[PDB]
Novice: 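Hey, got a structure here with ixazomib (bound form), can you help?
Proteins get letters first, then strands, A, B, ... in listed order; numbering begins at 1 in each. Remember, it's 1-based here, ligands and their atoms both numbered in the order they're listed. What you see here is only part of the deposit, and the contact count is restricted to that part.
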Amino acid sequence: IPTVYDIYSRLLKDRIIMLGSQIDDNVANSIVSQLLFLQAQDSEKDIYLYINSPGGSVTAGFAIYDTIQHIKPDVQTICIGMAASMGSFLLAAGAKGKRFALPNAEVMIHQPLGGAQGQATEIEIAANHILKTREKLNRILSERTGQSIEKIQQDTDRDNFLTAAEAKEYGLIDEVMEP
Amino acid sequence: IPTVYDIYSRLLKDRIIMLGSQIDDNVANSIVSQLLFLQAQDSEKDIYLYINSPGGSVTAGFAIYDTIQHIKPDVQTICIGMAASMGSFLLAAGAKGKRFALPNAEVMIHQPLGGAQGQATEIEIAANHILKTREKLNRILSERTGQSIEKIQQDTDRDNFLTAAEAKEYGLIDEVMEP
Amino acid sequence: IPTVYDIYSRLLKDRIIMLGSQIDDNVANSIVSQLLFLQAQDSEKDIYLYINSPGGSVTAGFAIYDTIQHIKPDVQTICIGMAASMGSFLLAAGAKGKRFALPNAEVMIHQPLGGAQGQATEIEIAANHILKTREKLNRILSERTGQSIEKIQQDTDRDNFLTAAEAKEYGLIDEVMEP
Amino acid sequence: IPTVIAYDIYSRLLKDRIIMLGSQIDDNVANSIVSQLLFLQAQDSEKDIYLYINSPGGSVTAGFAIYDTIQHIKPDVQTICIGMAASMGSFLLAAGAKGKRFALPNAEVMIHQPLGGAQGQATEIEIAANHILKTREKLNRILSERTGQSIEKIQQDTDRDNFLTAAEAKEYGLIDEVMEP
Amino acid sequence: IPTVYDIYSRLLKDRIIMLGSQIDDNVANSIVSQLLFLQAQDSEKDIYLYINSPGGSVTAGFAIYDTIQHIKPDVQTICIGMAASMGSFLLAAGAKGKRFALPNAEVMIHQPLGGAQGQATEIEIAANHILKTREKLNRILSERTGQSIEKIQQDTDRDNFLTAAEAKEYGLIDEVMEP
Amino acid sequence: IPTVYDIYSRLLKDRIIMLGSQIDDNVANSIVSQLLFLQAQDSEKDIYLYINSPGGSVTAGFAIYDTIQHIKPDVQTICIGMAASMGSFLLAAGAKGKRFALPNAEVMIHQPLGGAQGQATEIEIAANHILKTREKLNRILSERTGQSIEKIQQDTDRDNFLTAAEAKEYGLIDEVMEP
Amino acid sequence: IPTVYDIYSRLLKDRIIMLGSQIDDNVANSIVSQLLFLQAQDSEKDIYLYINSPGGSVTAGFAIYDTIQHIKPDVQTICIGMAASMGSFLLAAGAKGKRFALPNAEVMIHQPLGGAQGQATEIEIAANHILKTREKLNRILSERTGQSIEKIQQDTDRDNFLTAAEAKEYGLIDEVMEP
Amino acid sequence: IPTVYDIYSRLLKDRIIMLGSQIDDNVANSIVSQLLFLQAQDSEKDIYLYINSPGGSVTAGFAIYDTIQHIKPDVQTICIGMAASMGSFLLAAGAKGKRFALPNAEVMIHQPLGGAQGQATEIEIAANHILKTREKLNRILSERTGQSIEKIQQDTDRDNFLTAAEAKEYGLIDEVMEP
Amino acid sequence: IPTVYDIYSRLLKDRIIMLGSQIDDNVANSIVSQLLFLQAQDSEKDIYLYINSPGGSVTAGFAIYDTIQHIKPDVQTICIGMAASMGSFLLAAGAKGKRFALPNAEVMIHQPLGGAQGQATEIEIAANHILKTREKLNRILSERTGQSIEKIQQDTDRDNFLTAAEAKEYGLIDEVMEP
Amino acid sequence: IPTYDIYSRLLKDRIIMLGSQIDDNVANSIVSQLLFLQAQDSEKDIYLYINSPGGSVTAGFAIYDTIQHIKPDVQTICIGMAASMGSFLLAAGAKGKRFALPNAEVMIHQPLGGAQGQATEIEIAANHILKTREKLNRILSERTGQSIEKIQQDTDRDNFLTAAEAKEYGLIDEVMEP
Ligand SMILES: *[B]([O])([O])[C]([C][C]([C])[C])[N]C(=O)[C][N]C(=O)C1=[C]C(Cl)=[C][C]=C1Cl
Ligand SMILES: *[B]([O])([O])[C]([C][C]([C])[C])[N]C(=O)[C][N]C(=O)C1=[C]C(Cl)=[C][C]=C1Cl
Ligand SMILES: *[B]([O])([O])[C]([C][C]([C])[C])[N]C(=O)[C][N]C(=O)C1=[C]C(Cl)=[C][C]=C1Cl
Ligand SMILES: *[B]([O])([O])[C]([C][C]([C])[C])[N]C(=O)[C][N]C(=O)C1=[C]C(Cl)=[C][C]=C1Cl
Ligand SMILES: *[B]([O])([O])[C]([C][C]([C])[C])[N]C(=O)[C][N]C(=O)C1=[C]C(Cl)=[C][C]=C1Cl
Ligand SMILES: *[B]([O])([O])[C]([C][C]([C])[C])[N]C(=O)[C][N]C(=O)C1=[C]C(Cl)=[C][C]=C1Cl
Ligand SMILES: *[B]([O])([O])[C]([C][C]([C])[C])[N]C(=O)[C][N]C(=O)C1=[C]C(Cl)=[C][C]=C1Cl
Ligand SMILES: *[B]([O])([O])[C]([C][C]([C])[C])[N]C(=O)[C][N]C(=O)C1=[C]C(Cl)=[C][C]=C1Cl
Ligand SMILES: *[B]([O])([O])[C]([C][C]([C])[C])[N]C(=O)[C][N]C(=O)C1=[C]C(Cl)=[C][C]=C1Cl
Ligand SMILES: *[B]([O])([O])[C]([C][C]([C])[C])[N]C(=O)[C][N]C(=O)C1=[C]C(Cl)=[C][C]=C1Cl
């Protein structure tokens, strides 16, 4: 809200992006646009992505994820408060070695959620889709954390809360940022 | 509504059951109860089940279906107006040779419909359930009509409307009742 | 509402059925049940069906129509107030020579109405269904009135209101009942 | 609501050939009134029927189901307005056997033109307009016959809501007598 | 609610009518019907009308009022609890000398209330109607109470609450019924 | 709905109880009352409990369950349509050897569901309660089916649908009732 | 949301258009206006259209589609997150050789959806319209992908989800943009 | 939405007006104001009116139509996406020879729609009004297309969809703008 | 909506006021303020008031009307689209000789509309008010048009639609502005 | 509301106003203001005024961990009410620089939440919120000097404290007199 530029525009000048909400299509379109703009300004300097998010749309999250992996600058990820669901997926997506959480930040991982209505045939199509989406997410999370796909699958069957230290041990982040 | 007994109680005295609504658990509980009662009164005399129904719950319909096949009396089925979805399934369930439709009655067959909300795992469970339910329905309908399961599957992919004459050719009924 | 039996049960004792509402599945189930009961009581005496109805479901109306043509007794139809849409179709369905309207009663004929929502394929299925239903209705109305199918089609494209005298000239009734 | 020795109060009065029209006139009300008229005639085709009318009006076609049944059956139907006969209620009041149409002294009668609605294409609005205008002509012609007023006077006097005292209703020809105590 | 007949049917056997609600068309229909029935049973014995009512429709109240004045039996009126607006008008309408209130019963008189919506011309018609209705009510109340029309007009401009004793002094009742 | 007694009262005369709805406190109150009454009429003759139910309240179901085990008569259970959740628990509760399902009836088992809201302390109390309730249900189901508690726990983690034949192999019923 | 110009206005300076929402008339009016403006600024430099969209109105999508094909500059299309329904149609509409998806982006194709209410005649008109619209879409998609119209028809009967790699095989895009 | 001026203000600098929504009084006020302003800036240079509109108010559309015919500059009309109802009327209103549609744009023509409530007299007034409005529209459309008034009347009785090529053959536009 | 100033502010620079909506208190306050401002800028140059309005509040309209008659500059009125009810009253209020309508613009005149709810006395007060307001409007309209008050009264009893040419012959405008 | 807006003008003097419930948007703004103030000057004190009924635990921890992360001392000043997570953040200011005005109110209590679904899911939610309560109690114990046992007992129900009681408790260091 405050003016200095608004406060977030002022931090964007220093290559800081604030992801502080649910991840929907509008949020992703803004974050992607900020990433593309920061890269056009300087393709060498690190970007800093702060993440306080309960999660959101899988496809919106993948728009952000693929943009992070596409652009030349390293994107550091810093979890403050909560990175849950697609929020923890994006936290794990930062440049390897530059993924952080503050000491009391919380990380939560779980499987995708959705809904389906209609004919048996359509419910089948929706089920196959969301199951294939879960496999895609598990494969990527396996690669970013070093855990096996089997372990990822087991650990996301239900809501799984992790402390910052547990998130580091898991491979979701690299360091807990001490004061 | 009118009194003679109410009009439907008066027809139940003559072993006539009127199924004239959507099939839910309360409707099934009444129809099943009327079938059990008619059998306890006389285990040999035919029962007459008039069907004007847009369909309804698969399990409620199977409560009626299995009761028809369980009891000793033959249950004749007479379609007036419309037998759609589970209504056409119950029409096909009458005693072989005693399944009828009036000349302008309409029959409609299609696949089950449902919904599923939650985790990928739960959507998978719901999808497998409704697909297995569709196979159960197709196998039984194949047995009652003489059509192959593959033909039943094709012919129910979308809403399939049949005239009374087409319903007889299909094997859903035995005779069109002429005036 | 009043008691004598309720007033309609008292008239049913004299083989009078009152159709005084929209035609839905519950109304059709009651009327069909009253017709079957009157026939079981006496298969030769006339039945009298008074019709004051704005219309309703096509399949519910056909449950009544096919029952009229099925049973042995003649069913006289008497229009009081309004027979519109499926109400005028059932008025035309009485025993030939025994279809009446009171002098200020109104008759209205028009084409079926419906709705369709979903994929192009499903909208196509619904369109073919309602068009085939319109052809079925026109063919029957042509046979009951003596008008050609082409004329019926033309005269039902929009709401077409007829006086009792016009309804007699049209062939929808046989006589205007004078005082 | 109350019960008499077993009858509800209206069923008890129907035994004496009294029908109570005490509500809006819709299809269910007309169905009941028509059924009571047919039943009273089947019981005795010669004795008068008494139709009390306290009604704000209602559906034109429902009212005509009642009107044509009154004119069809052999018994005379007396009409007695208590409280209000408005719109189709005043039309049915005027429909009683000539000489046997009454209102109590403080009863109110109101006459006006039909009301409706139309929605859709220009063509459909045209069809609905022609229908309701033809219905108004039908109502005016009948009311002209029942009251002795000209159709042009009926048309003028129903352009807007027109309230009449019982005495004015008698002078108009809508009733024959104000029933004094 | 209780059965002894329901409780009100049992009191109707003793020529007691209970007016214990808002006066609308259904209430008036019932009260008028009870009055006509009591007169047909015995045209010479008094009727007792208990009144606990907040008022209601003017025309519904006049259906009751004119029926009271029409029938041969005297109708005593007994106010218990409250007779307000059209309720106090009907209380004043009992047989002169036989209008009562219990000692703590409340009587309220005021002018008619209504609404009008539409063209200036229609609002004018509605205004003239309700003003003429107020004059009719004042003239009758003047003759039942002995007060002048001017005084009635002045005393009903706003809600005017009266004790039972004040109602007797006003002429609305004849006696306060002591224990 | 129909009268012969209503249809269910007529079957209660033959010691048949119809459980055809969701199990809440009113349903349990009625079923318990019917069981107590049937026992008071004859403490030696079998009772027949038909079950078509999606489930319901655990405590309402236990009111029925404990009443079944308390009374002297054997209670046969017959699944028609659907016995799900507490419905399948009550199906398994019939007299051993007298638990049935019709061939197309469906059985579903799963773990309890609930909600909790308030302070951490209150959420803890609610969690311990529902977990202890699940252990109680598993222990009883283990006794009634012969499966181990561990297997019951694994098989109820998610919605688990069983055919009638699968329900018999599981130990939930004793026989599939063939036609 | 952020200011640098808003972030999207800043990217429009570099000939980047962000389509990140459902496609309705307002979205199309903006995109068309941005295309016309970019062409007026420079008729030879490429335009970049990022697409993250669940789809939307067919006619709104065709306003965008025909504008792309009208203007002189090549329009590259880049799918991030999701291009579904009309979104995947516009993705396929980019300059041939310049249609991209990021590796985890999702593409979905299916047939048009709509609704129709009214007379049989009007439902027929609406059905013919949406079927002709589907043929128009299939013909164009056939041209843009190289698949036959029959294959397009078969592959869009139900929701058909494609990975980026599958979308390239299909001909909807030319390249998956690797990091 | 985007900034350069907003995108539409930037195109207005080049004498381009974007009509991309329903036509109501606010839309007409804006379009009329833009037309008057463009004429005041230069009374000779062409104006370009892009039309993507489902239609709207007849009087709002005539405010735009009469302003087009009043001002000195030619107004070219370009249909993108859909010009339906009053949208197709305004498309036909462009300077003769300068009325265009893009190849996949859709044109729809039909008769006016409205509603009327109240007294018979008021419904008559509303009916005469909308019928006279339809004649006014048909006369003008006849003049702009070269079709007879009777053909216009027949072709607008129901929703009539036209391709761009059909719209040119009809006389609603002069050219389909090829790429 | 568009910027050049917004489009309406740009036209206000040329002494053009756009009345393109319902007339309520906020609209009147703005129009009055624009009139006062234009007069303060130049007390001799004409003002141009475009009117496309369905009408609105009588007192809001009189705030505008009295301001027009108060200020020194002539106010030309130009009807585009529709001037109905208070909109046609303000159209008639322009400087005599400078009141215009475009050829297809519609003018409608009728009597005031309102509502009243409460005691008879209050309904009387409201009726007298709206009738006196109608007389005030008729007297002014009589002066502005040259028609007698009795003709104005007859011609406004119901909705009265006029073409531009009819409005000129009536005296509501002076000229139809041809192209 | 008034005009910089009034809060932007105070941010120029390193004053942050936390005057609402603490949700994710509020935390994102406060965190952003803290990061910005530190980037402007990593030495000068920041002043955080707190009038808040509380809010989300994780949103509050985003603010809390940012306070402890940055180099500048963050003074906390309670005006009106610091309740629940608001009182937790008040206790989080630089030791010696935690204040309340004399009539300000402080309230402490345990976390609140909800859980719907299977027994297994209710168990997961219960363990989560209980572990969150332990985390909050441990931190509050360190910031106040009270034992974890005492914190647990004093937060079982809503516990209202005057400013003076809050100082005695260790939630603040000083009551700011006029
Ligand atoms: B989460 O942030 O809650 C989660 C993300 C993954 C990492 C666990 N989000 C969802 O599950 C949201 N669901 C969807 O985007 C979705 C996906 C699919 Cl494939 C189908 C429907 C829905 Cl709604
Ligand atoms: B129909 O009558 O419309 C149809 C029955 C078969 C014969 C096509 N009804 C349904 O499919 C109703 N659906 C279910 O009973 C159902 C609902 C849900 Cl949420 C999940 C599974 C099932 Cl099987
Ligand atoms: B009418 O009573 O208004 C009319 C009947 C015919 C005689 C004109 N009723 C309907 O058209 C109601 N429509 C349907 O019952 C129907 C039929 C079909 Cl085939 C498809 C959809 C619907 Cl909704
Ligand atoms: B009144 O009883 O209120 C009146 C009857 C006549 C005597 C004035 N009722 C109506 O005008 C309404 N009744 C209709 O039957 C009607 C409704 C509609 Cl929407 C259209 C036409 C008709 Cl004719
Ligand atoms: B009272 O019961 O509250 C009162 C009657 C008094 C004056 C005796 N009732 C009403 O005023 C109720 N109003 C009407 O019945 C009415 C009358 C008229 Cl004339 C017009 C409209 C209405 Cl709504
Ligand atoms: B089922 O009938 O759907 C199921 C019981 C099965 C698992 C035997 N029902 C429920 O879980 C319904 N839940 C409760 O009655 C309940 C139980 C407890 Cl212990 C706490 C809360 C609730 Cl809401
Ligand atoms: B999609 O984006 O979901 C889809 C477009 C095609 C490419 C599959 N959208 C629609 O089908 C939306 N439907 C329409 O625009 C439409 C609606 C109606 Cl009622 C009638 C016709 C059409 Cl063409
Ligand atoms: B359309 O754009 O959907 C259509 C335009 C004509 C050219 C086919 N619009 C309408 O018909 C909207 N109707 C009106 O503006 C209108 C006109 C009249 Cl004269 C009376 C009522 C209404 Cl609502
Ligand atoms: B019209 O704009 O629809 C019309 C104005 C006259 C010229 C016909 N509007 C109204 O009548 C709106 N009504 C009022 O402003 C009004 C006036 C009075 Cl006196 C009392 C109540 C109301 Cl609501
Ligand atoms: B308070 O601000 O009201 C309180 C904070 C603590 C210090 C007492 N807030 C809450 O308890 C709000 N609850 C949550 O943030 C929460 C936490 C957990 Cl672990 C689970 C669910 C919820 Cl909703």
Novice: I keep wondering which chain grabs ixazomib (bound form, ligand 4) the most here. What name does the PDB entry give it?
Specialist: ATP-dependent Clp protease proteolytic subunit
Novice: Heavy atoms under 4.0 Å from ixazomib (bound form, ligand 4): which other chains do they belong to?
Specialist: D
Novice: For ixazomib (bound form, ligand 4), is there an N or O atom under 3.5 Å from any N or O atom of D/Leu115?
Specialist: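 In this structure, D/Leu115 places an N or O atom under 3.5 Å from an N or O of ixazomib (bound form, ligand 4).
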Novice: Hey, does D/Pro114 come in under 3.5 Å of ixazomib (bound form, ligand 4), counting only N/O atoms on both sides?
Specialist: no
Novice: Which atom of which residue carries a covalent bond to ixazomib (bound form, ligand 4), or is there none?
Specialist: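 Covalent bond target: D/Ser87 OG.
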Novice: N/O of D/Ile132 under 3.5 Å from N/O of ixazomib (bound form, ligand 4), yes or no?
Specialist: no
Novice: For atom 23 (Cl) of ixazomib (bound form, ligand 4), what's the nearest protein heavy atom and its distance?
Specialist: D/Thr135 CG2, 3.8 Å
Novice: Within 4.0 Å (heavy atoms only), which residues surround ixazomib (bound form, ligand 4)?
Specialist: D/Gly57, D/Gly58, D/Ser59, D/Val60, D/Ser87, D/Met88, D/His112, D/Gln113, D/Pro114, D/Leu115, D/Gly116, D/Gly117, D/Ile132, D/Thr135
